[PDB]
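All remarks here apply to the structure that follows.
Here is the naming used below: chain letters follow the sequence lines, and residue numbers restart at 1 for every chain. Counting starts at 1 for both ligands and their atoms, in listed order. Computed from heavy atoms alone, side chains included, the values below leave out hydrogens, waters and symmetry copies. Method on record in the header is X-ray crystallography, 2.7 Å.
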Number of protein chains: 2
Amino acid sequence: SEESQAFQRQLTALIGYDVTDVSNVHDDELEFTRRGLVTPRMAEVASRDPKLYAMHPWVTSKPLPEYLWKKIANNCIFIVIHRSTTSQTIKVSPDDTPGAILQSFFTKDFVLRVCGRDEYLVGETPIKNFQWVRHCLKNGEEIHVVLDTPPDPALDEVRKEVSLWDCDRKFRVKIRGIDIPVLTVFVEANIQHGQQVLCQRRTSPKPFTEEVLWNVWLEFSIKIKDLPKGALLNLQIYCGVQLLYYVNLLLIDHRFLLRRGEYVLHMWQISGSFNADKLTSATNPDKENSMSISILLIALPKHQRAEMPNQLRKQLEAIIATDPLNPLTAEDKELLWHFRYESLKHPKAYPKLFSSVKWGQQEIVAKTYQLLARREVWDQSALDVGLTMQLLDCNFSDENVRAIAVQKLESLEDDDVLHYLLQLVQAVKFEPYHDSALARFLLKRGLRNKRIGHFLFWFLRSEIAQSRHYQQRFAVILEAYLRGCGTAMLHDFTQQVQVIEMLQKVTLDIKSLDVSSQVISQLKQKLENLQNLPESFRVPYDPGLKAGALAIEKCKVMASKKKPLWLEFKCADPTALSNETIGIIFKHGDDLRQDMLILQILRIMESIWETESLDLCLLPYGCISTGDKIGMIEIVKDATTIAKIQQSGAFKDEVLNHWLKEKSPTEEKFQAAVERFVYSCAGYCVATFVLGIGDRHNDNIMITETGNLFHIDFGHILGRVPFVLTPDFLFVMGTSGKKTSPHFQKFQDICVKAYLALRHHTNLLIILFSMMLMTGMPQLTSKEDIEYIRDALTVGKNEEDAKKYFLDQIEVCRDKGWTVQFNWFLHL
Amino acid sequence: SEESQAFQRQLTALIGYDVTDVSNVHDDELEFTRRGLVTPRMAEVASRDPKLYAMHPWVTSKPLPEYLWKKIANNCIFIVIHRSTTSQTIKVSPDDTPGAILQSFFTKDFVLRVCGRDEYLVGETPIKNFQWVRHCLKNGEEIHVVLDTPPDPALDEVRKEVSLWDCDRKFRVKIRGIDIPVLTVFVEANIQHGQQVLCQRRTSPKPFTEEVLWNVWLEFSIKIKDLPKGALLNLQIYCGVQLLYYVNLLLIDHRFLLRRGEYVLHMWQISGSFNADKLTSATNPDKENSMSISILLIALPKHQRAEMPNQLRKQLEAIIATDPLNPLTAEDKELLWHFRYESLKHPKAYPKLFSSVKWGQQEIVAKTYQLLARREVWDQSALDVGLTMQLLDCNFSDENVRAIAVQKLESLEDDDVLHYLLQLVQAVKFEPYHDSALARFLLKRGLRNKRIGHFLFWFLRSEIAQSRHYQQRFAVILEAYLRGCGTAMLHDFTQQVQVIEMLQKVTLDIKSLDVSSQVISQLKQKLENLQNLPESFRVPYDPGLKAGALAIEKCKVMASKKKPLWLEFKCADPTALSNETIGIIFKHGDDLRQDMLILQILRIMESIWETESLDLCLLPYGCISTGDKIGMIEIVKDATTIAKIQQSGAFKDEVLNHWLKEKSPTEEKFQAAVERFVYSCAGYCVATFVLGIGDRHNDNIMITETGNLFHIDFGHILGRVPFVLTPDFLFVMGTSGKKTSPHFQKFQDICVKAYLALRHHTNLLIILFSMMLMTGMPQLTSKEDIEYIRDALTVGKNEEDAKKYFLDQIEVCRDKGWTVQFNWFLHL
Ligand SMILES: COc1ncc(-c2ccc3nccc(-c4ccnnc4)c3c2)cc1NS(=O)(=O)c1ccc(F)cc1F
Ligand SMILES: COc1ncc(-c2ccc3nccc(-c4ccnnc4)c3c2)cc1NS(=O)(=O)c1ccc(F)cc1F
């Protein structure tokens with residue numbers, strides 16, 4: 001067709017990559033996946049509710065936090081409904097539905113929409129179970145909604161559309177040669193399966209030149225029939241010993257066919273590390289410069305007790321109780337496997353049990369499938385996200401194992417998927433094949449809910465624009481989502497990408513030119529030209545918010561070396577309750593993906609703290625990676641850095657407390673800010689400690705006028721003191737040197753409650769941390785790196801040792817005063 | 001009948017107890033056993049060869065020892081056949097049969113009989129495989145046989161002849177009271193099974209008087225259906241804590257009936273010890289004085305894999321490799337039981353595996369029987385006597401387990417049964433029931449071979465006359481044997497018992513009267529009266545030898561406090577090659593049973609040494625226990641004590657070497673005596689060390705004129721230096737203080753070869769030692785007692801540490817010289 005052309009081109013433009021381009025594939029897997037994904041797409045689209053999809057209510061089934069209760073006077077919540085010019089304040093009960101609310105208003109068709117936002121309070125859900133309502137309560141804000149007409153669902157219209165088990169020969173592969181357009185070397189051939197090296201063979205070392213031939217058959221010890229679905233041929237080049245290049249080939253393809261024939265693979269260049277890029281089946285796109293290797297190489301079929309000696313059960317339980325990062329000895333595996341049927345009665349033994357499987361033996365793999373067939377304890381088990389995540393990491397290449405993980409994820413409510421979306425999108429990198437159950441799950445949940453969909457779009461598009469290793473795979477999944485999300489979101493994404501693309505250019509043109517008066521007249525000039533750009537666009541980190549017109553006079557070039565744009569937008573929603581502008585930092589030169597991850601962990605940390613009636617007042621500002629080393633960041637209102645305050649490398653102790661009094665008009669407020677400070681401070685001390693990012697210079701720590709403390713720029717320290725608890729912070733709590741005070745004792749108490757809380761989720765955090773390092777920090781992918789968090793969470797320790805451990809830390813910060821901040825200033 | 005009367009009375013007179021007397025039984029088990037034993041008796045009698053039974057060839061299938069080879073010149077052995085007055089020396093080949101020999105003699109009906117002995121060289125056996133022939137060779141004696149006529153087999157004529165598994169109630173027993181014709185006390189009720197206490201209940205303590213009543217029901221935790229065949233109700237009385245009396249009752253009888261009703265049991269008096277008397281089901285016969293207990297109390301039915309984790313197989317093998325006296329932890333048992341089918345592939349795991357059985361659970365016991373049903377590795381296994389003995393000790397009460405032990409014993413040749421007869425007879429004490437497979441086995445093997453039979457008679461009769469705990473059981477078995485052994489042996493036993501009974505009296509009458517001239521005229525007088533006594537009788541420790549007339553002039557009263565008779569007899573066989581008299585010590589006042597055991601171990605030690613081409617020249621003189629604290633001992637010819645030599649408490653170093661020169665007429669002989677001394681010395685050092693009986697006073701060590709050293713009186717030290725290696729012994733080897741010599745180096749070498757040899761039979765010796773202490777040393781029955789031999793045999797050590805261990809010992813003896821012998825003299 002012709003309209004399909006100017007539509008596939010639109011898709012490409014949103015995606016940022018051409019899913020038709022076949023200049024870099026050695027098979028048809030990507031294409032097959034495009035087709036395969038049609039069914040799940042159409043299934044979800046066809047069975048989605050029109051009205052609920054249009055309005056996308058943001059709700060939760062969780063209980064209302066205790067601290068959120070202590071803010072409700074006599075089971076009454078006031079809801080101010082605005083019609084056109086007027087407004088009526090109403091008594092509502094937390095337990096009643098919006099439907100009810102409306103009928104109790106007509107006494108003194110339509111649907112309640114949050115004022116100045118694309119957020120609807122609608123559906124058969126208690127007003128208390130709406131996130132927006134919980135947000136207002138938390139901040140002590142007033143709940144304002146307008147009486148508008150339901151969005152026309154027609155705007156969400158979707159456009160019209162020999163057996164392997166018989167070959168007993170040893171596997172072998174011929175290494176022809178290696179070529180590079182521009183020391184001795186050898187090629188190493190590994191047959192891997194989920195980080196496990198099944199078998200390995202090397203070549204003879206040969207003088208390294210622009211072309212090295214071998215023409216040798218490498219015969220492995222593994223029989224062709226013992227090859228597992230998902231096994232990689234891992235080709236690596238060493239020089240003399242150090243790894244220079246690598247590349248991977250799936251030995252069994254997406255149709256269960258053994259791999260056969262001639263291959264010239266373009267390899268990746270290197271910069272025992274656990275980097276997820278090392279696993280990719282994709283070949284390097286840069287054919288011109290890249291090193292390449294030449295190799296020369298039946299379908300896989302499908303599958304269809306004495307009481308334990310007490311001491312063995314003790315040993316088994318001991319093992320199952322260890323942490324995810326706890327290494328299994330061959331003795332442990334032999335035991336887990338020998339007693340596999342007992343192990344299966346424990347959902348928590350699963351990650352370790354399937355790590356005890358000899359995937360290199362077709363008979364063992366078969367018995368394993370027989371295990372998963374007696375899947376009743378697992379299927380009936382209460383969803384455990386940390387446990388489910390462990391089955392989705394780099395240590396599992398089997399699609400049935402990984403599939404029972406995704407199966408458990410289906411019970412997640414939209415609110416929880418949002419909590420784990422980013423890390424789930426990242427976990428797609430550990431999938432052997434492009435079309436996996438995990439991928440389909442992401443796709444289905446994005447199509448079912450606009451909010452998840454919106455972030456799915458930016459998480460994918462973020463990876464596609466800066467990950468050559470995985471962009472092809474991600475681009476296909478993004479396409480499947482764009483073809484089912486609907487006409488209105490398409491138009492919205494189109495608008496958002498256009499705006500960002502325009503703001504990118506300006507950022508680049510301003511950069512190539514400290515902050516002079518000329519560079520300022522050029523920022524203002526370029527902005528004036530652009531504004532003369534969509535009349536409105538959604539904010540990617542806060543999609544309910546629509547930004548509109550620029551406030552050029554408030555725009556500027558910040559004073560860092562990266563010359564970030566500080567932008568200010570008017571809210572395009574007239575029904576907005578304020579004139580406060582939307583503040584967006586636009587930054588080029590950094591890979592903001594790592595920040596997104598840290599911030600997202602912080603959000604997960606807060607929910608853990610909520611399940612324990614705790615609110616450490618963190619501030620995970622919005623941060624979205626939009627392209628190659630560019631992105632945008634939420635400007636937190638009324639905020640100033642701790643360094644700028646002191647600046648008013650000398651440091652004063654009272655200066656901070658002074659600054660709060662100044663900004664608090666009354667005493668009730670100063671005291672409430674001094675509380676906020678104590679909570680937000682403890683929140684960031686505990687958080688940063690766990691994530692090993694506490695030792696920051698105070699230039700990187702900020703504070704709101706209402707006393708809310710919060711760290712910033714988490715990529716900088718990922719690119720001694722356990723955390724920043726400096727005198728000025730302590731002074732606010734009212735303490736000097738060897739002393740104590742009503743707040744300091746409070747602060748000490750919140751920490752230990754925060755700390756011990758997190759430790760109740762050791763495994764979930766260990767897995768999330770491990771995965772964060774393998775998919776976002778190609779630099780921080782060492783064994784000793786990952787195992788930092790085990791120490792920081794005092795694994796194995798009881799709550800007394802742990803408590804006394806953290807307190808010792810808090811002391812280290814005091815005994816060291818300004819010593820570390822002072823060094824941090826010294827410019828050597 | 002009437003002839004049966006004067007024949008049952010004869011049996012009683014041989015037995016030394018009336019198997020008809022029912023004045024001491026609470027059931028009919030003994031009687032039932034008398035009847036039960038008829039079949040095995042008649043089976044063996046009916047199927048025994050007349051001629052071979054009459055002549056009882058003493059043969060062996062073992063190879064001729066290497067040292068026995070080096071005594072055969074050019075495959076020729078000379079055999080001097082005597083007819084009447086003449087004699088012909090003949091060339092014979094070691095490999096040819098006696099049948100052959102005869103045909104090679106008529107050239108230059110009948111049967112060859114050793115001169116002056118009831119010993120025949122007959123049958124289809126190589127002349128080399130006759131023990132007599134091996135004896136002559138060993139001693140360098142000349143083989144003299146006479147051509148006599150075959151013994152008439154007619155002389156061997158034999159005279160003409162609710163279910164338990166349904167009762168689910170807890171077992172209980174009522175303790176009425178305790179009575180004694182002549183502090184507080186209580187009764188303790190144990191349900192035991194093979195030294196294992198299944199369940200235990202006590203009474204309330206009550207003031208100890210001549211009659212104490214309780215009238216209380218003791219309810220145990222064990223269900224009636226879980227009671228194992230062979231379980232004992234073990235009633236014990238404690239005073240305040242110390243055990244005073246005990247008695248046992250089989251809870252399930254010989255017909256598989258549960259025990260029911262009223263019992264008054266007469267209990268045994270005491271003198272955590274492992275005494276075999278404590279296990280007896282017999283009641284005390286001394287009704288007049290003995291303490292007794294009153295108690296008040298359905299038939300037992302009959303019965304009809306993932307590879308091991310390497311580490312578990314390692315652990316299992318580790319366990320199975322330990323020694324018999326090595327204690328199993330509950331962890332070990334749980335493992336052996338969990339992996340019972342693997343354990344069954346190892347005959348050596350058997351003792352430990354059946355010690356890992358919960359006999360107190362009818363379901364476990366049942367599975368165990370299912371194990372023994374897959375008895376193929378065991379049944380095909382090469383006979384291991386030590387292993388078979390472990391299944392017959394105090395730790396096994398189950399008749400099926402114990403029965404597979406006796407089954408393995410059937411493959412023993414007569415020569416080997418003789419080696420183990422004594423300890424097998426003792427092991428009958430560990431049998432729960434009177435009619436056991438072990439008992440039948442003994443009976444069958446005694447009836448099949450006259451020599452075994454002869455010793456069977458004296459071993460039984462020894463126990464019957466000094467063991468009230470087991471005499472009833474033993475007396476029944478003896479009766480079964482006497483009714484099938486034949487008319488000639490009956491007459492012989494009759495003769496032997498008469499002689500001994502006469503010699504006993506004289507010993508008693510002489511005792512009640514140092515050595516005066518009057519007591520001498522009274523010994524001679526009493527002997528003169530007796531001789532005016534069978535004209536001939538067999539020597540119980542050497543049955544082939546027939547003693548006849550006394551040599552009164554050589555008779556005397558030895559100079560010990562026990563006033564033993566030193567007797568001298570003429571050999572009643574005219575065809576004897578000498579005029580040397582038979583020398584027999586007749587001793588009253590000692591329990592000679594312990595000696596018999598030690599000596600018998602020494603004999604077992606020599607056979608072990610033979611299987612390793614070694615001959616340490618021990619001298620296990622004959623010693624038979626004939627009655628209550630009486631017995632007889634072989635006088636070793638041309639022998640004098642080491643003390644009497646020195647006496648010629650001062651000690652001289654050369655005196656011993658001097659004594660040898662004196663007695664050796666030539667130099668060739670002195671040198672051959674100095675060799676004999678070095679071997680016999682090392683033999684006794686190693687032996688005594690292992691049995692913890694080395695530290696003897698030299699009054700208890702003797703030497704033959706041909707240099708053969710040998711210890712005596714082994715009951716004395718069972719009633720510091722590791723062994724007697726005194727200067728005088730070392731001088732003979734040619735050494736003084738810090739020195740060495742051709743012999744000393746030799747002696748050191750033989751020891752280590754002797755020692756390491758025995759260690760190859762650690763288990764066999766440990767079991768034999770353990771059993772020797774539990775059936776013969778009521779005094780030496782402690783845990784630390786039994787486990788002495790583990791240390792002396794350096795269990796677990798390799799042959800280097802062991803070798804260097806023994807050498808250190810040999811040194812201890814030198815560094816201490818006469819120090820210990822000197823103290824041994826000091827009369828404090
Ligand atoms: C990705 O790294 C970042 N992470 C976070 C932020 C960030 C986020 C939210 C905010 N809300 C309010 C105010 C500010 C603000 C304004 C002016 N001065 N300071 C902070 C603010 C900054 C910026 C960056 N990048 S950055 O702007 O170059 C930069 C880097 C390091 C540094 F210490 C300072 C920086 F300004
Ligand atoms: C059961 O205890 C024994 N074990 C063994 C023998 C025994 C055995 C064989 C023999 N062959 C030849 C010569 C003698 C012999 C003659 C004279 N003097 N000494 C030994 C000899 C002794 C005796 C006893 N009992 S004993 O005769 O009372 C006795 C006890 C301790 C003691 F040192 C001395 C004793 F003479």
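- The chain forming the most contacts with ligand 2 in this entry appears in UniProt as Phosphatidylinositol 4,5-bisphosphate 3-kinase catalytic subunit gamma isoform.
- Present at ligand 2 is the drug GSK2126458.
- Lab note - other chains with heavy atoms under 4.0 Å from GSK2126458 (ligand 2): B.
- Heavy atoms within 4.0 Å of GSK2126458 (ligand 2) belong to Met558(B), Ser560(B), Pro564(B), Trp566(B), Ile585(B), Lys587(B), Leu592(B), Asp595(B), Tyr621(B), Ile633(B), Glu634(B), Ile635(B), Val636(B), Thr641(B), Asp699(B), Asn700(B), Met702(B), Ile712(B), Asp713(B).
- Of the residues UniProt lists as binding ATP in chain B, a heavy atom under 4.0 Å from GSK2126458 (ligand 2) is found for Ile585(B), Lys587(B), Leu592(B), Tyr621(B), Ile712(B), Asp713(B).
- Lab note: no covalent bond from GSK2126458 (ligand 2) to a chain.
- Most of the interface of chain B with GSK2126458 (ligand 2) sits in UniProt domain PI3K/PI4K catalytic.
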